[PDB]
Amino acid sequence: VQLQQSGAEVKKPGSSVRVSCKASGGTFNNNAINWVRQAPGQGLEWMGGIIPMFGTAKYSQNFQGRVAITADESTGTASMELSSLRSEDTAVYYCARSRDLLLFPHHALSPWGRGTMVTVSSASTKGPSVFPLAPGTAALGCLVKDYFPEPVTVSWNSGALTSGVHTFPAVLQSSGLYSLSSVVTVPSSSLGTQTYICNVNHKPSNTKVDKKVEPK
Amino acid sequence: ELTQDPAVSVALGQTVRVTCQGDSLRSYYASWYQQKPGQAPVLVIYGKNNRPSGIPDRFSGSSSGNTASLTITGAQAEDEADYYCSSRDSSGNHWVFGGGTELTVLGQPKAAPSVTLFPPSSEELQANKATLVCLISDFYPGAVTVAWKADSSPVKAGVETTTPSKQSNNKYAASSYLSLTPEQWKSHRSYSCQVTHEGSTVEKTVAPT
């Protein structure tokens, strides 16, 4: 039983966002789906939950009036809509399963989805520029420059290459835009012969770009 | 409301205890979540000392009055994380979380930063921009500063530098970016990124040559 969540979003203050949580097995059965958020660098806060089998939901009073959770038991999908958005709603939003109350009185929240980053900002969206960082071992990388908002993801060779990869936390520039880099450490003997490609994804700008990184 | 100590330390291989307190714990059992940087929380203990599948038996829980405790024996570097307690509220309607406890596992070796400095790419120069990229990783403890030089002269303008962030191996990462015109980049003999860590300096240089 795994939970899959919709992708990162950006919304302007005053608007609304809908975030999805999908059950891998196609069904929620008996269970509740809970929504828990985490503002950057802060703790966890429960927002509400639903039992899709009956559609019954309860909400944190911190949000009552601008949160609504619904579900489609037929597609095993649950959605949380947060409206009248404010900057302080910028957070990663998780879904997490709880089991039936009376049958599992002492159980908790598990499993958790991977989280959905939602940024609430009136600043303009900006897709990144991607540049190759050309190379015992050698380091090579990709520069992901001047974008907004978070997040960006980087994979290497379409995810085939994971060992030796380090994707750094973004810098928030004084300009208000972000930049990050991803580097992989590889055997220098491989530089002539092995193709290395970074795959950069920035959902808010609908950016999906590959860059081959060659020796100069 | 649930309260926890903001932080607790433990020596490598030893036993650490994280406490949780609140009136709702009179009604329900606390549950405990482990969260590492950039990751979703993971349930480790619930109910009367129950462990979910795949959680090692080094983790255990107990409860008493309006308190609960998470105990980790034989602490490993890998146990370093934030630990949250949670429970149903006294009403039994909603969920409440404690503020989290930052667990530090001590005894980690001093480690110098690995520094990698990249010059501007051909592609970026062609687009009439120039960014030097200084990438700093695997240092401990997590305190560095970064500075730049043109030839042997300090350069403070056009610099954007992160504060250190904890890596998954409990060492730290940081980065710095220096923006130049192509003309500036071409003008000097070299540029340097200089990283200061624990009274030591790591300087890497690049040259348009």
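Labels below follow one simple rule: chain letters A, B, ... track the order of the sequence lines, proteins then strands, and each chain is numbered from 1.
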Next item on the list: Specify the drug or drug candidate at chains A and B.
Entry: belimumab
Margin query: Just wondering, how does the entry name chain A?
Written below: belimumab heavy chain
Item checked: PDB entry label for chain B -> belimumab light chain
